[PDB]
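Lab note: Steroid receptor 2, progesterone bound.
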Amino acid sequence: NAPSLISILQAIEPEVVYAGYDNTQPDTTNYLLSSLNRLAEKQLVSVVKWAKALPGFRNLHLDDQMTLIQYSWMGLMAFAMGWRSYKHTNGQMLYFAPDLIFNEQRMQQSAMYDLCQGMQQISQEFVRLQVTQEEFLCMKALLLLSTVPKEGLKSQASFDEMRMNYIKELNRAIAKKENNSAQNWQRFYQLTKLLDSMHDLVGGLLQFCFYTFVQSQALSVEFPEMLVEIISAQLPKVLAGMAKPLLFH
Amino acid sequence: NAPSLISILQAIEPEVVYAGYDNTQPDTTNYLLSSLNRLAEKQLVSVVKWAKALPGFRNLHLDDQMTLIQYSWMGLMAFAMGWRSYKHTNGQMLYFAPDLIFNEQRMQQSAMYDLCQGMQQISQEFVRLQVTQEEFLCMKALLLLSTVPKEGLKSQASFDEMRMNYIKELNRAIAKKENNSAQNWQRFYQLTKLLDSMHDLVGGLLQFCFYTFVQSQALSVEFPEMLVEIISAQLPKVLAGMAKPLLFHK
Ligand SMILES: CC(=O)[C@H]1CC[C@H]2[C@@H]3CCC4=CC(=O)CC[C@]4(C)[C@H]3CC[C@]12C
Ligand SMILES: CC(=O)[C@H]1CC[C@H]2[C@@H]3CCC4=CC(=O)CC[C@]4(C)[C@H]3CC[C@]12C
């Protein structure tokens, strides 16, 4: 056979990115929120390299490629962050970058606190289910494919296929580790139910992101160049409500 | 909107068939089996009427239609039978027809007794699960679609899509109960798992049917005309192993 896409997912998985954060700084709301936005920009390049290499993706209309990234960029970063929080801190802390990690204090100072808790719960869920690296990588792919234009895509031809495979390949992963079907059947629930749960969270994250952005002047936080563009394009579409989450349940 | 798949399903559900059995007769292996085979013929005709009226069915290539039936005819009848046995006897007895119902003694004389038990366990599942009539109708539609030719279908064009609709429809039916996603997922698991259990049973039934078919002279068990051909046509394909059951997990 040809290489399993899972084996390719592993190959194209990005290496971790540093924030270039200065940890001697007092933890100040504005400074935290801004360095986070710096991090996002760096990660934004990473996730885009990734999606390109992501099998099936290039075969979508570039307006399709462009929209999917626009919607899901937040969820993918947040999801991946929760998986780092799990491997490194055991869901105890929010591990954004090896050099910027949110302890309790920082979550309170972020003025994102309730949103931080929410992200943390995603991480703890990872530790509760003991998600395997394979499960994670498949899930993260599906996340990309889990929010779509309310009016459907140009490549919907290609898309519905791709989405199916990554669902299939997710099954291939739940099946391999475990053995019994009663088990497979419930794994699949808990995992997909985890993916679904991401949507509500992202909404909240976005809500605040948008807010910080519009009020960036007043609040005095900085969104860097590349980051603005993406938000700028996304903000209107999602407020228009052209963005449809695809649930499992 | 346009009428529910499930509302059509209900419309086209066959009325119950009578066997025309003389219950004053003694309960004897040959008269019992022969009488079932008469019942199987009568049901056979309505099963086919049913499948035609089944939405998305006539859109399948006509070889696919004939194939699928030959495969699942046994499972449909036995599935339906266990449903009746749940509705009328509460899983207690085997209600093939209102006039011919197997109680313990008849399962003894049947000389299929371990199979009778098997079928009695299907109905008992219906009762353990408290299956709704809507759940039942969707499952029975799928049962048609759950054993396919191993080589594939001429138009798998349509089939795959149709099969999904009935799966969606089945979810539409579980959801109605107003449960949450986890209960729904659990209903779904336990239904399709009742479904899948059907093959094991049916395999066994086919076997003893094939047997009684061949040995009828020996056994003095008479297969009405129309029952004969379907078996004639099916038996080869089966023993060649060209029939692939479609499961919901191993
Ligand atoms: C400054 C601001 O509005 C906050 C709101 C939500 C925050 C983001 C939440 C998800 C997250 C995961 C990461 O790995 C770093 C960047 C991001 C993408 C965060 C960057 C800073 C954000 C953008
Ligand atoms: C004589 C014989 O081979 C028996 C073996 C199993 C029996 C069948 C079991 C399933 C059953 C359900 C019905 O409602 C009547 C017909 C049938 C289809 C039965 C017809 C007679 C059978 C076929």
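Each chain gets a letter, A, B and so on, in the order its sequence line appears, and its residues count up from 1. Quick note: numbers below take in every heavy atom, side chains included, and nothing from hydrogens, waters or symmetry partners. One-based numbering, in listed order, for ligands and for the atoms of each.
At a heavy-atom cut-off of 4.0 Å, other chains contacting progesterone (ligand 1): A. Residues in other chains coming within 4.0 Å of progesterone (ligand 1) by heavy atoms are A:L33, A:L36, A:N37, A:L39, A:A40, A:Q43, A:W73, A:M74, A:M77, A:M81, A:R84, A:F96, A:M112, A:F208, A:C209, A:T212. The model tethers progesterone (ligand 1) to no chain through a covalent bond.
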